Visitor: 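I'd like to talk through a structure of paromomycin bound to Enhanced intracellular survival protein.
The chains carry the letters A, B, and so on, in the order of their sequence lines. Residue numbering for chain A follows the PDB entry; the residues present correspond to positions 1-402, in that order. Using the numbering of the PDB entry, the residues shown for chain B are 1-402, in order. Chain C is numbered as in the PDB entry; the shown residues are, in order, 1-402. Residues 1-402, in that order, are what chain D shows, numbered as in the PDB entry. Heavy atoms only: backbone and side chains are in, while hydrogens, waters and symmetry mates are out. The displayed model is a subset of the deposited entry, and contacts were enumerated within the subset. Quick check of the header: X-ray crystallography, 3.3 Å. Counting starts at 1 for both ligands and their atoms, following the listed order.
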There are 4 protein chains.
Amino acid sequence: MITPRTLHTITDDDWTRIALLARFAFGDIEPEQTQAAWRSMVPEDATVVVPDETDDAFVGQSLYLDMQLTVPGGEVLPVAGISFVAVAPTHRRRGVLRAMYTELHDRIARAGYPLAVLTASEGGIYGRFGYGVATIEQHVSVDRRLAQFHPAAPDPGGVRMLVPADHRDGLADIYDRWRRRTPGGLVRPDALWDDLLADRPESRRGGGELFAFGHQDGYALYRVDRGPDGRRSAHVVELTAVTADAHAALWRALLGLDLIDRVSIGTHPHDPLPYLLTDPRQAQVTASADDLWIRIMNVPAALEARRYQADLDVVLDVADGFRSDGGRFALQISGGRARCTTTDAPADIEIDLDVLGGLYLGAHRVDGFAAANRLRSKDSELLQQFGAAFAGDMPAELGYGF
Amino acid sequence: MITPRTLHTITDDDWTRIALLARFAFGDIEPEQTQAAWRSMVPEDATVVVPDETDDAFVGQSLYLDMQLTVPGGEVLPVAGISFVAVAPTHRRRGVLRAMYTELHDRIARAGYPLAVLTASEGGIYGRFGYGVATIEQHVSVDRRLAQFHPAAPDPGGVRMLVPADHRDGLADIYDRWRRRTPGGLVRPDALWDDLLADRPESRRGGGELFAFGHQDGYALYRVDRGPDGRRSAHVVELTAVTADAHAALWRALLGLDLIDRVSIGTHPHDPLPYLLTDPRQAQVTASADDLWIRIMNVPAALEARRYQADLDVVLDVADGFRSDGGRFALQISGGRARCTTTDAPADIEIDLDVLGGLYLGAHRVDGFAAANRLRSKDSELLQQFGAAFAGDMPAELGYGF
Amino acid sequence: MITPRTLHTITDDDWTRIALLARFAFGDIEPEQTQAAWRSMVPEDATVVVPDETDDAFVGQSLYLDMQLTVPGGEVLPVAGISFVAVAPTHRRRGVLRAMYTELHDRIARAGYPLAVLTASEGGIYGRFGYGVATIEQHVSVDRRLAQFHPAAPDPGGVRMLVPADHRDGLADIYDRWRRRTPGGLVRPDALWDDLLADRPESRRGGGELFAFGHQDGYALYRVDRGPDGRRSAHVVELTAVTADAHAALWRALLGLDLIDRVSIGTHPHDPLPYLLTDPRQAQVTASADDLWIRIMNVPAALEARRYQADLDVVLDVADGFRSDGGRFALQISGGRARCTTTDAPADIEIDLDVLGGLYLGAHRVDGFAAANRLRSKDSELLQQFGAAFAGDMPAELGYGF
Amino acid sequence: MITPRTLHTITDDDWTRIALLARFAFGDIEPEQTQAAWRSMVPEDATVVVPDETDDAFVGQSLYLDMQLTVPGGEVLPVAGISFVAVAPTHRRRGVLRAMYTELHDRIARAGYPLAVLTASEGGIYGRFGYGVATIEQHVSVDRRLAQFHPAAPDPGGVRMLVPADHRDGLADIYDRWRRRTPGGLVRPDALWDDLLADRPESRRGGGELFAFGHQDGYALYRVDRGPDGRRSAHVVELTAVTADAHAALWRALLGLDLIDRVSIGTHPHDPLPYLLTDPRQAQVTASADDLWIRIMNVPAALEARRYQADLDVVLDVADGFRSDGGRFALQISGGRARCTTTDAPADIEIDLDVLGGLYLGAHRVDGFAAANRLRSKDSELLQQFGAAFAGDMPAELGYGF
Ligand SMILES: NC[C@@H]1O[C@H](O[C@H]2[C@@H](O)[C@H](O[C@@H]3[C@@H](O)[C@H](N)C[C@H](N)[C@H]3O[C@H]3O[C@H](CO)[C@@H](O)[C@H](O)[C@H]3N)O[C@@H]2CO)[C@H](N)[C@@H](O)[C@@H]1O
Ligand SMILES: NC[C@@H]1O[C@H](O[C@H]2[C@@H](O)[C@H](O[C@@H]3[C@@H](O)[C@H](N)C[C@H](N)[C@H]3O[C@H]3O[C@H](CO)[C@@H](O)[C@H](O)[C@H]3N)O[C@@H]2CO)[C@H](N)[C@@H](O)[C@@H]1O
Ligand SMILES: NC[C@@H]1O[C@H](O[C@H]2[C@@H](O)[C@H](O[C@@H]3[C@@H](O)[C@H](N)C[C@H](N)[C@H]3O[C@H]3O[C@H](CO)[C@@H](O)[C@H](O)[C@H]3N)O[C@@H]2CO)[C@H](N)[C@@H](O)[C@@H]1O
Ligand SMILES: NC[C@@H]1O[C@H](O[C@H]2[C@@H](O)[C@H](O[C@@H]3[C@@H](O)[C@H](N)C[C@H](N)[C@H]3O[C@H]3O[C@H](CO)[C@@H](O)[C@H](O)[C@H]3N)O[C@@H]2CO)[C@H](N)[C@@H](O)[C@@H]1O
């Protein structure tokens, strides 16, 4: 009783049927405008579902969004943004997920995309299907009362107080400038902008209505919120800056607010904030989570489209235990650019598709993977070269979650 | 108007004074015998104090340890380790601290040391003097019952259950082989060993009673504790491993304790553990914090000491605002080795000595300091090269605190 | 080089700038018709703001409300209620505050107000400007199920349960009766009652709709809420009694609710609630925090207005390091009343202006101040006599906060 | 059934009976040396027990310690400190406690004591027996990191660190100088001093070993304590200060412990500590609670021993539902000194014996009692004159627990 039919387009009864299943698997009723916004991002032939005994509702679902992701060196690639994946609580353990994934990857594949990307949702299983953790989110916390900036620290001022809803075109532009300069940057449709700034109480979790700071080269969205204390603290929801001074002047404004005791952000790994303060201990790094996951769908494409931090000439055997996207490729990186030729010479390096996925925005070291035999070579030193080559120019940051 | 006094040698009465201040200053301190080992490690003319208006106990105290740190590429350097620094709460008011630091650091240079090192005390100002954070601890924490090793991951066995005090010599040179390999490695006199494996109730601190896992190329000391819940959790006091075989093996043993709920450790930034499991989410990285602070006491000595990761030719002006260990240097790095001579040439890159110290073990990135003007160049990729070169290839781990 | 600017009258696109600033600066934006009411209370030429270089929103703002304060002895003085003072977290450190406070106080002075009053908010630098804490607020928690009145203790009854809104006038009259009897007493404009009984969800925390109790001489507003447990307790929001029996009878009421585990109230220091029980231990006193602060603007005006508890023939040297309302005064107090007149004699007692302020409503002892050398006299008993004089019969208590 | 007998002295076998019953009723068995300390204090014919059927153990116990309370004006009286009151939880609800108290209070009365005193515990019924709350213990905490002393504030200097053990005499001497100035000052026998510095761990509340700060005119005693999250608060157990400076100097000391995030203390109502800080808000009053309770045994003797702050000539009717120590009394106060003789004329103020005991150290304001009818007079300004007379120059602080 398992066959998946790929929706050519998402009718209003299909979406209703999907927002039912999705509601069970993900929690709240993301509001009408938020999902419509999401629905608008779905290329056609991009929704694989599995119906029930009587085709009244769905008992499995998936889809990818049509996205454009920046990779190191600056190129944008179109990526397939896998999401709204759910199998009914009732039908699990009967292999619905796998069936539906194969069909969605053959659709993702035929539709052209070089990379597939997701965020991890609880209970998901991703490694064996070839997805690796590509970016890291690091929650960092500053007690504003004791933080005090370093002498050398920039102090560019020129930060306006903003109503975010009134500067859609303004913000969205700042974001775009950063997007083009930062790996992990997704393009964000006017749809989502419209929907973010709206400040739906629903999507709202973690504070009240939305405050915003503005700079010619950056902006910051944050919410205030009280604890059991009475004592409030600020949570930064997005802080996007395109110049160092943007970034600095914003952090300066943020620790400006006398109302609040702490400010926390969910940032990327090497954020400059601590180095801005006289003493790094004043900023308090308190978690490191996975953010963006990545299945490389077409090796040569993906590997050539990005730039490299060291030079390397090697044959690379990619294991793929789900599809046939691997094989042996000849990686040849010359002045930080690659030419990734299909081969059947012997290999220098064996790598599982999920770990090629992960290295890819330069967020990892071969150290963990190698020591875990997901990254093999008779030649210890070459494997260090490989990692250096794949290391990132700039710290990856996913633009937004999906 | 206050002059400090260098003690040619620390007497029983001195030490009593020193112990008394350091108790008020650091909290009811180590046992008598731990104190005895630290004392053991203080060379001559290495103690600076500000005597009380009449000498009973001191108003100000500082000394340094004779130590031996490992730098990248395995060279070992003698380093001065600034410990038991403290100003009696009754004189934190009047500039005692700078007085001692000036004298103590004078002493440290008269003695030859290329580096001064310390771990941070609450209340200490540090970069002012040229100490920068040079290594990092991530607090990783795995939920045993849900963790799961990767199918790929090595399962070498080789683990012996241990009573720790009973293989003091064995453990001790596993740790040496490690020390010799890892940047950050402090030598560890047997005085310190016998103190730790003595496993004293006061110096137990956070948990129950040391357990040990032994292995031909690694050990793991841990303590179990249970809190209000009724449920236990292991905390790893130290895990030293020389092979990735030792490490996997040790970690397999660790996540084998049915007794245990979570297993916490305090380790370096790019630890194999999460890569060893099927889903990097099973391991939960929580907090990242400073470990080891460095002040470079002799730029050419220390710069020539380690090895590097790109080539580099640059003239470096190094800004010290405490002593005069500053100045313009030719930094010439090829094939890893560096030649660093003093010069009158115009500088390509300015750098503040406290950030030169931080970068010294390969720990950070340039982006942060650059962003804050603690590191400048009109050429923006000269910087990117400089950084690229100072980077490490073994994550730096401070050997123990002091 | 900043010149501030007085708004002779508040515009609509003036009130817009002010709310926006205020929202950035005090957490939430209180409901519209809350703002409407306050703004209703701002007299002419009583708003001081600082425009941006652009002059689009405000980067500094402050204003006073014209009010009506009761002092020891029942006299009622007009008082500048300093409110909404706020500085954009962007132009911080630019000392706009001194620029504004200095104009806003010239205004207050021109207007002829004897006192200025405020409630404190985070970051507020207040003593520095001659403000002093003038009333104290004790929080109290009775656990109903073990509480029980004393045998001797009044049981008048006469408490109706009310719906708050419907007896707006009735409430208002009762309040007013209290006000004229109780130093601390602010007049409450009808605008404000309306907004109070209105009970909009947005400035309710913590609890639900607003329950109430009505005695001929007293009333009690409160909210109930489920906490974590989730067991319920009642926050008394405001309880006003003119006679001991309304006090008794209302407390009786409050403690007879059943949902309730405990009843909590913020109230003044010598509240007879605990004296009303068989054991004061039933009535847990939780905190003691600042409420109303006072800056004496016209020393003679203000001193003369109230009346006193001891006699006193002393020469006062009020010290003011912000403005110039200092000087030496012959303060002679005979049987209640004081004639304070400016003079040239040397001093007996010297006294910082912020101290005179806090001492004004009686709720301090001179001991603390004297110890700090904020209250200096060479004559030891003179000081203790000053205290004697400035004490008061009715415990001071602010009417409501702003 | 119940017939209490009054031990002439305590024999070693009698003490074990009491230590037995005490453990059941109080939990920790105070170390041997503690118990001896108290035994030391128990005078002749001062122990009252009820034995059980076999006459092997006791099923009800009580005694009083011979003590020395300091009352207003600085005169010391001998007071009977009721201690160690127990009833076997087996024989509770049989009237054991009233029986025991009645005889204990003749012993006290016939002994010649004008005051019984105790620190309340458990349940703890105390009102009816004539005991009222006499002194108050307000808990204060200071976030050390944020607190600043007011510029005006003494910085007297003069504080040393100590091993408090090695300074018992000079400590006790300072304590003595304080005890004779402060109402509530108990005399502290060497035995007790010896037991406090004994620092035994099974009587150690609020931290680890004892720290000391000594001044010639005061000392602070505190423990340090580490929270779940590894940050230390330091809790003062005793801060005895004989002059203003010593008080300033010691706080100035305490707040200078970089180790410590907050300091806390259980102190008296009007301590100067918040007044010493530039903003009183950095100090936080966090509880207010009963300390010492008092029963007046002999009204005339007691009222004559203390001094007063006003004058009055009144007939005082003292209620008493447990003994007949009440009566009507001519109370005339002038010069702050009172003569009090029995009189048969008719009364102006009728007073419960609770509230005379409670009002005795000048703690309370009479408004509370009067509202609750435990204090009564027609003439409403007579109550007011009574209270005014009964207030106290020095804030009262119990010397130590018992
Ligand atoms: N594949 C899992 C996905 O889970 C989704 O649910 C959400 C979450 O799972 C995901 O949360 C990500 C988290 O994975 C991730 N490890 C870290 C990240 N901080 C979170 O994202 C969060 O931060 C960014 C703000 O910059 C926002 O874009 C996002 O709304 C917010 N929830 O962001 C998704 C969108 O808010 C979808 N319900 C589902 O379509 C999809 O399948
Ligand atoms: N100069 C500053 C120093 O502060 C010191 O303070 C002690 C602690 O602050 C320091 O603790 C460090 C901590 O700062 C640091 N941020 C991280 C580190 N993990 C802790 O160290 C801890 O872990 C290591 C191994 O992990 C152990 O060997 C060590 O005993 C343990 N305390 O280790 C020191 C000794 O435990 C000393 N009191 C003193 O010698 C010295 O003045
Ligand atoms: N300068 C502080 C001013 O506070 C205002 O904001 C609020 C707070 O400052 C103020 O809070 C005060 C608090 O300061 C104060 N130290 C103690 C008091 N418990 C609180 O007030 C609270 O209690 C009283 C009744 O008990 C209520 O009337 C009041 O609405 C309530 N918020 O009550 C105001 C709410 O009406 C104004 N936005 C602004 O003028 C400025 O922030
Ligand atoms: N309640 C009756 C008494 O309780 C005693 O037990 C102890 C406690 O009751 C009493 O604790 C009191 C507390 O009741 C009291 N109402 C408030 C006070 N904070 C506590 O006292 C505490 O702080 C004081 C300093 O103020 C310290 O001297 C003392 O170590 C500490 N116990 O201090 C007593 C001894 O430390 C006796 N076992 C008993 O003889 C006696 O009947």
Visitor: Okay, with a cut-off of 4.0 Å on heavy atoms, which other chains neighbour paromomycin (ligand 4)?
Guide: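 By letter, the heavy-atom neighbours are D.
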Visitor: Extract the binding site of paromomycin (ligand 4): heavy atoms, cut-off 4.0 Å.
Guide: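 The site of paromomycin (ligand 4), heavy atoms only, is D/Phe26, D/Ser83, D/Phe84, D/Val85, D/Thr119, D/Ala120, D/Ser121, D/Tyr126, D/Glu137, D/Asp290, D/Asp291, D/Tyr400, D/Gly401, D/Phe402.
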